[PDB]
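Structure with oseltamivir carboxylate present.
Letters A, B, ... mirror the listed sequences (proteins, then strands); counts begin at 1. Below, each value reflects all heavy atoms present in this structure, side chains not excepted, and no hydrogens, waters or symmetry copies. Atoms within a ligand are numbered from 1 in the order they appear, just like the ligands themselves.
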4 protein chains.
Amino acid sequence: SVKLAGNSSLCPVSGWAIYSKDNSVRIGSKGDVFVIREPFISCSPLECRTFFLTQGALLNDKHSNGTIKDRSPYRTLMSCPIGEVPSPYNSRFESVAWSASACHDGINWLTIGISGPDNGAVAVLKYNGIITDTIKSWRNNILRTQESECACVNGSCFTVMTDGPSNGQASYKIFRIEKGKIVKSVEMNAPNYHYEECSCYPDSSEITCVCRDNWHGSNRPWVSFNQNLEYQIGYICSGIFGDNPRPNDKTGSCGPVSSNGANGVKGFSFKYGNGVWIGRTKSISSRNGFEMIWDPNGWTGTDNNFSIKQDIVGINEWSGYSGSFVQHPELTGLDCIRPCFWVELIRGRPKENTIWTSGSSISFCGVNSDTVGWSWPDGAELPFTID
Amino acid sequence: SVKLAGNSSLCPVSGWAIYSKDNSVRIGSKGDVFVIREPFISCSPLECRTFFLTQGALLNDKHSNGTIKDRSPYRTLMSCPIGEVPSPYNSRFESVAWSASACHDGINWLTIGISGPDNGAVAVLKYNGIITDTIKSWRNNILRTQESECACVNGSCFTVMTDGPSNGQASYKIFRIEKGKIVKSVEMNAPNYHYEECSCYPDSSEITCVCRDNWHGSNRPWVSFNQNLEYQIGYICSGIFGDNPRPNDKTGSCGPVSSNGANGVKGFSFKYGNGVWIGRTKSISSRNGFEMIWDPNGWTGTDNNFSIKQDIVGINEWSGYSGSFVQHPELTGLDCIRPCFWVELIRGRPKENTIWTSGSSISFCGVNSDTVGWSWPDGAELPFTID
Amino acid sequence: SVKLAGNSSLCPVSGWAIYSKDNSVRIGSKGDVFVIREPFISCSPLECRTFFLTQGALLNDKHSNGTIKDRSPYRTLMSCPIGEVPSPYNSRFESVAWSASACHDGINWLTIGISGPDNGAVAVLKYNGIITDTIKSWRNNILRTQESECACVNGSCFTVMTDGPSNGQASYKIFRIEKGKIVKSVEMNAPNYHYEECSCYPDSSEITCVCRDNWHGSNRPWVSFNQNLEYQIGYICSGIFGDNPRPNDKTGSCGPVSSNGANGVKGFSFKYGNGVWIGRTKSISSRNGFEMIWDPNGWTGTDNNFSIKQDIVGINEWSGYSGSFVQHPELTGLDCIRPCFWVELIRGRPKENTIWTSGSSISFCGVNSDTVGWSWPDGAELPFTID
Amino acid sequence: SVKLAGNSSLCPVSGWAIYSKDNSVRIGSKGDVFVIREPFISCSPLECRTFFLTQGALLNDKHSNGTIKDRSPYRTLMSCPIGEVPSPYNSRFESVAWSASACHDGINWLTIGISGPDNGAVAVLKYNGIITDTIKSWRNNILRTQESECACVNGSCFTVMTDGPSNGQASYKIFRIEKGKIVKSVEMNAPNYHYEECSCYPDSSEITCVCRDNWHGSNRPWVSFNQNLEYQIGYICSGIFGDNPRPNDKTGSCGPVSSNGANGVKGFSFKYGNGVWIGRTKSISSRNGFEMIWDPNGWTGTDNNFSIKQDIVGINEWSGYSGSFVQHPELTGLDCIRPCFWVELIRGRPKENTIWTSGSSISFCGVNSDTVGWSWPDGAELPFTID
Ligand SMILES: *[C@@H]1O[C@H](CO)[C@@H](O[C@@H]2O[C@H](CO)[C@@H](O[C@@H]3O[C@H](CO)[C@@H](O)[C@H](O[C@H]4O[C@H](CO)[C@@H](O)[C@H](O)[C@@H]4O)[C@@H]3O)[C@H](O)[C@H]2NC(C)=O)[C@H](O)[C@H]1NC(C)=O
Ligand SMILES: *[C@@H]1O[C@H](CO)[C@@H](O[C@@H]2O[C@H](CO)[C@@H](O[C@@H]3O[C@H](CO)[C@@H](O)[C@H](O[C@H]4O[C@H](CO)[C@@H](O)[C@H](O)[C@@H]4O)[C@@H]3O)[C@H](O)[C@H]2NC(C)=O)[C@H](O)[C@H]1NC(C)=O
Ligand SMILES: CCC(CC)O[C@@H]1C=C(C(=O)O)C[C@H](N)[C@H]1NC(C)=O
Ligand SMILES: CCC(CC)O[C@@H]1C=C(C(=O)O)C[C@H](N)[C@H]1NC(C)=O
Ligand SMILES: CCC(CC)O[C@@H]1C=C(C(=O)O)C[C@H](N)[C@H]1NC(C)=O
Ligand SMILES: CCC(CC)O[C@@H]1C=C(C(=O)O)C[C@H](N)[C@H]1NC(C)=O
Ligand SMILES: *[C@@H]1O[C@H](CO)[C@@H](O)[C@H](O)[C@H]1NC(C)=O
Ligand SMILES: *[C@@H]1O[C@H](CO)[C@@H](O)[C@H](O)[C@H]1NC(C)=O
Ligand SMILES: *[C@@H]1O[C@H](CO)[C@@H](O)[C@H](O)[C@H]1NC(C)=O
Ligand SMILES: *[C@@H]1O[C@H](CO)[C@@H](O)[C@H](O)[C@H]1NC(C)=O
Ligand SMILES: *[C@@H]1O[C@H](CO)[C@@H](O)[C@H](O)[C@H]1NC(C)=O
Ligand SMILES: *[C@@H]1O[C@H](CO)[C@@H](O)[C@H](O)[C@H]1NC(C)=O
Ligand SMILES: *[C@@H]1O[C@H](CO)[C@@H](O)[C@H](O)[C@H]1NC(C)=O
Ligand SMILES: *[C@@H]1O[C@H](CO)[C@@H](O)[C@H](O)[C@H]1NC(C)=O
Ligand SMILES: [Ca+2]
Ligand SMILES: [Ca+2]
Ligand SMILES: [Ca+2]
Ligand SMILES: [Ca+2]
Ligand SMILES: [Ca+2]
Ligand SMILES: [Ca+2]
Ligand SMILES: [Ca+2]
Ligand SMILES: [Ca+2]
Ligand SMILES: [Ca+2]
């Protein structure tokens, strides 16, 4: 076993090839499948796994009642091989958690699981399944983290956590973790910024995170930093707004776009020079549809012009959270870090007449060969027998 | 790990010994078993696996509704150990696909999964579960492939794909793939020929494929080629017609036999000099029964005489697709490549009054010791509780 | 990996310690558990597994209907770790079979599975899951075998098969198998003897089998042989009759005991000099209860006196088949071959008012430390919801 | 593989971080989950496992009827990865048992499973799944053991067993076990003491056990011993009484506290010099709630003052058994033995109107970083559909 270098650049990509689809909700109609949300993908040098937050209950069972609720003592972080349904019969237990992150440094898995009360939550860090550290809420207001993979470079892994209001100024910290131990942290000096649920990836020995402004921005905030946690911050400038909800496309801003800025959804983007690959819902008002857009000057430019659009989920179909994940050369044999992404397909409450809320997933990887747009939706027929 | 040589000849065989039976549909009446079709077997130097195209749903669940449908965003290629039922709890995810192929080169698994719209489908190639290449539809008319194992020789794997009409002249291409990367391809110059769903096997460093003419041939077309993709084409001459539907046996043709030539079923045959082992349905008009026939001059001779017939499935029982698979000396310890075959036993629509369509499987391997004919049918009692 | 020596003697034992219990029928009431019969245990140098003949159906499902039937194309030999329920989710597929045997030579598993028509059945032999040989019925009357583990000595494995009437003189053959290949066989010259379902074990480089006389013997026939298949035959002389049905205990015979001699049940015994450990039902008329009896001169003596009796299953509880299995020094680290045994607990038809027949299992190993008698019955409550 | 040294001291700890939660009962409402009680955790140098005593039945099935019953022939010791639900599809079979213990010596698993009649029960010892020894009841009155992990030091493992009345003076023995073989035992000379269900852990090459006085003590008895079984005995002196039921906290005793002394619950404590970490229910009269208390002089001091209290389960929630388990440096890479604990959350009879009784589990590990109290209850809604 050797630790991931993380020193190569992102692979340039022209399109996205479908990588996985689990059909979790369809199968859970009869099969024993966990009620889950906040799924994400992360890979080791050997395999890729789907991580997810269970509700400690199964689909089509009475205990799925009220699962629109975000935090409870019953939620646990678990994982299974990519593309398989999250079942009690194929899932590895990771941590007790209602907010989480995970990543592999080349040697072992790091998992971060936050549980406990809203006014004093504690993140439990595990390395190879052994508790190695903890960090407790510093603002006493729902300590929370990525809900996607952390990023590793030369034996160090990095994540971002938030503590404070979800509708106003909060506090944001970056962490450097080695063998499950926090070796350094810094609080971001980001007045008037809002960071939630960051999607972080490694690129040329540094980390880039694209996050969610739940306070007053319909474009996405970003933070980038080196291994010493020296950071820069900003917002994606493109007039192709990335959050949901959001305004119709027009002239963007390199600061938070106030129009339709409140609320949001976890998302991601990949930076290539001044350009950006943007993943976003198709609807401006609800979590419906999904598309990938290549905007060659969208990181720093404010116009609403773009070069490529690829359909992922039809506008009449439910989507939800999305996040980045990468495949290192140690896994692929390539000379660059390959960008991939996943999409959570949320079914149930609040928009559908069920007693439960749960999601399935799809994932794609970036390639330079031919690709095609389509719609790969959840496909479940609601309501269920339980309702 | 070492590459399969694929340079020895096919083992001569006098009969077929039963190798596996999964009873998938019988078990799916209660258990959690995928709705599937287009199953096939492929082996590594260590194990044999059953691959299959799920419908992203389980038997006896409402989501099995309308699974007579061939192509959808929900279909996925998965695999499980041979003889086991295809379940969410024992199946490995391979690819998102409504048409597929797979094979092992001695080092890693190659999988090919085609998804996307009918007018621009994309084949995604994976090597050891990592995307290594893609190929997009070139005729914009349902890019499709074998639905059985590809064939590997000295580190190169080979497959055939079709694009264009299924009821007239189409386009057929042969591919050479190394470590999941397409290194060469050629379009077959085959006017008045039709190739669908090829069953390909290695033999003395070259590849032989026996396929399905869905246009105007009740005998089977074949294509053989060396590692450089230098090919030959023809039709099996035997008056023992191999396709379904077909006419009663009589004088055959070395070209397409037009009588009952439209439509068909995936099948296979093994060539031994001028002779051929033919696997076929027992019924000339429907997918019922199965039998193996040895015809000592059937590859090139047009008479309807044969030497050996072995019963596999009774004529009053449902059958379906069939395909070849081989076991290499690297797996068996033999000095030749052993021929085996599988049969898909289709239940449900359109011939049965259910809301669903699904199949189970049986498989056999060629031996020179004593064997016996019998009937090993699906055995499920329809309809089910869901209907 | 090294082949088992099989050259040491049986470990002397004073009693039997419970080793496993699967509770299959109890669990199958809700869980997905195969309908099975004819289970048996066999061990490798690393683990012990339960082999069994499925009916290609699950408990409490309609396809369990009529499973009193012995032979069908749907029956398959499968295996799982000892003590676990036989489920589609934890069972390895072995062979298509309605009669079977299996054993490990120290290097790989040998399995023997008989399927096909009653008038021409074929035994398929597999070594490490690869077909290595076949043997076809020679009397055209239900070729059949042990339904328990074969016996291995220095790289050779041995079994017994029967072909012919089950109610009169039949034909019995011994086989020597190396790496799945039959290298020698001999037909036993046994006029007026009847051998069915032999329980065979290795002891001092030779094989001893205790079997079932279904024709006209209420005591058990035996056959012993060396690696060259030079054999001796006889019947257990003890007045403690071992079969079921049988007469009340009295003066025995070294030939077949005609009284209540027709019919029978698979059983076993362990020979120690002139002494014998006898496992048998508690009832003389039905498959109820089970007990182990140490009879210090019972192999050759005809009296009905014994020294030790240990209860295994209460007389008011269902039992069924029983068989021997051994643990070699290569597995245990002992300087002798340890004797163990299993008992099949049959539930359902014909004695119970259900539509199905299925069994669970218990097993015990011989020790020289303290033990105790008790009753470890199936424990299921019949009928089931399916009936 | 190398033997665990067990020669380092316990890691000092300031609080407890949550390690696992299985949600077994919630999931068993639909999924196939064993009815269990008496769960416990034990680790090897590679992984941690949950052991448990099944009732040979699944939740929400009719065979769960009457599972308040403690001892039957159907109960089995099985294990699964920590945090996973105990299911037939993910559980390893260990032994037939209605009382049990297990631990890993660094090389292999030792399991101890007691079954048989109340008047002559037999403990079966297995090393790497092979029977290595047995010990039979010496008082003919329910031979019984820890219901938690045994303790290993330098290749020797240690446990405590009890035989005799559970409501008066009984007999208590300490055992030293090497490779599954009992090499030494001693009967504790403990007049007026009562020992049940000991929680034992290694510390500086010696063993410390904290147990349950079911006769006449509301504080917990303890026994400590070296590898030669030279022992000391006493009771925890703290006025913070550890058993359930118990009186309100007040002046304690270094002998058995008679007030509310009859009956009790399995529990644990960790000794640090004169101090003690006490785990106990929150209710003084029933198995409700759970908390960890640090009492700096509680081992030898009788006052009712303490320094730290951490909530684990709310007082309005069901708890049950609790036990210690440790993680050795060979597993963690630390320079000390890390203390952890588990809690059984019992649902059903006798306090709830169901036909069944079963439990789920949570576990925590000691750390010196920040922690938080909360409530992590079972969370199931009773009754179930079966009742
Ligand atoms: C998922 O959760 C939902 C929400 O809880 C749940 O729907 C609810 O079911 C309960 C129980 O049937 C309903 O509660 C009843 O409401 C009526 C008025 O509509 C009251 O009169 C009832 O109270 C009477 O009866 C009680 C019990 O005998 C007495 O204790 C009480 O004093 C009264 O006599 C009772 O409260 C509730 O109305 C619904 N809510 C909604 C929005 O439908 C649903 O059943 C859950 N689904 C599953 C599968 O668990
Ligand atoms: C397990 O198998 C058993 C045995 O087959 C099965 O019990 C049987 O169920 C069938 C179907 O209900 C019964 O068959 C009927 O018998 C009656 C006389 O009792 C006949 O009148 C019926 O025939 C009429 O209806 C048919 C269908 O419409 C017509 O085709 C026919 O011409 C007549 O009009 C019919 O044959 C049978 O009586 C029972 N047998 C016993 C012994 O109970 C059971 O249902 C199976 N269980 C499961 C779970 O599958
Ligand atoms: C508490 C702030 C946070 C970010 C805005 O809220 C989230 C919004 C979510 C959503 O918009 O779907 C669901 C989340 N599981 C949640 N996180 C937690 C810890 O509750
Ligand atoms: C589209 C042409 C093709 C070959 C004739 O049709 C097939 C016939 C099939 C059939 O005759 O059963 C079902 C197939 N799954 C299918 N392949 C795809 C891709 O839909
Ligand atoms: C056919 C002869 C044979 C031995 C008497 O009958 C058996 C009796 C059995 C029994 O007495 O329970 C059930 C068996 N599964 C069976 N074997 C086969 C192959 O059918
Ligand atoms: C027989 C004495 C013993 C300890 C007091 O009783 C126990 C109390 C238990 C309890 O208080 O919950 C349940 C146990 N499973 C049990 N142990 C056995 C073996 O039946
Ligand atoms: C990337 O990391 C590897 C491994 O340490 C190193 O050998 C290599 O020089 C680095 N590549 C570049 C371009 O710096
Ligand atoms: C087949 O390939 C093997 C491995 O390269 C080689 O050793 C052998 O000579 C070849 N056999 C023939 C007949 O060419
Ligand atoms: C099957 O599909 C048809 C067409 O939509 C629908 O009417 C019917 O309700 C479906 N059946 C089930 C059981 O869902
Ligand atoms: C097999 O492939 C290797 C690598 O390309 C090549 O060197 C060798 O000649 C090939 N063997 C044969 C028999 O063609
Ligand atoms: C048993 O077999 C072993 C392994 O071959 C051999 O070394 C040994 O001598 C044999 N033991 C006896 C008692 O013959
Ligand atoms: C503990 O045991 C290890 C392994 O034998 C040994 O190296 C070490 O010296 C011991 N530690 C102490 C403090 O005795
Ligand atoms: C539970 O056991 C009692 C006593 O035998 C019995 O009356 C009742 O029917 C059982 N309940 C179920 C659901 O089996
Ligand atoms: C550990 O056990 C070994 C083998 O018995 C022994 O030689 C050694 O002295 C022991 N170590 C300690 C620290 O006692
Ligand atoms: Ca926003
Ligand atoms: Ca732009
Ligand atoms: Ca089920
Ligand atoms: Ca045709
Ligand atoms: Ca011919
Ligand atoms: Ca008889
Ligand atoms: Ca005698
Ligand atoms: Ca007490
Ligand atoms: Ca104190």
*asked:* Got a sec? Need all the ligands or chains for oseltamivir carboxylate.
replied: ligands 3, 4, 5 and 6
*Looking at contacts alone, what is the main macromolecule next to oseltamivir carboxylate (ligand 6), by its name in the PDB entry?*
Neuraminidase
*Other chains with a heavy atom closer than 4.0 Å to oseltamivir carboxylate (ligand 6): which ones?*
D
*Please indicate, with yes or no, if any protein heavy atom is found under 4.0 Å from atom 12 (O) of oseltamivir carboxylate (ligand 6)?*
yes
*For atom 10 (C) of oseltamivir carboxylate (ligand 6), closest protein heavy-atom neighbour*: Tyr321(D) OH, 3.1 Å
*Should the proximity of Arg287(D) to oseltamivir carboxylate (ligand 6), defined as any heavy atom under 4.0 Å, be assigned to the side chain, the backbone, both, or neither?*
side chain
*Relative to oseltamivir carboxylate (ligand 6), is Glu38(D) under 4.0 angstrom through side chain, backbone, both or neither, heavy atoms considered?*
side chain
*asked:* Looking only at protein heavy atoms, which one is nearest to atom 7 (C) of oseltamivir carboxylate (ligand 6), and what is the separation?
replied: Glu197(D) OE2, 3.8 Å
*Name the closest protein heavy atom to atom 18 (C) of oseltamivir carboxylate (ligand 6), giving the residue it belongs to and the distance to 0.1 Å.*
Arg71(D) NH1, 4.1 Å
*Proximal oseltamivir carboxylate (ligand 6) atoms for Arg37(D), defined as those under 4.0 Å from one of its heavy atoms*: 10 (C), 12 (O), 13 (C)
_Could you help me out with the residues around oseltamivir carboxylate (ligand 6)? Anything with a heavy atom closer than 4.0 Å counts._
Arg37(D), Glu38(D), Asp70(D), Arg71(D), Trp98(D), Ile142(D), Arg144(D), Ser166(D), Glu196(D), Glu197(D), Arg212(D), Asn214(D), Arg287(D), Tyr321(D)
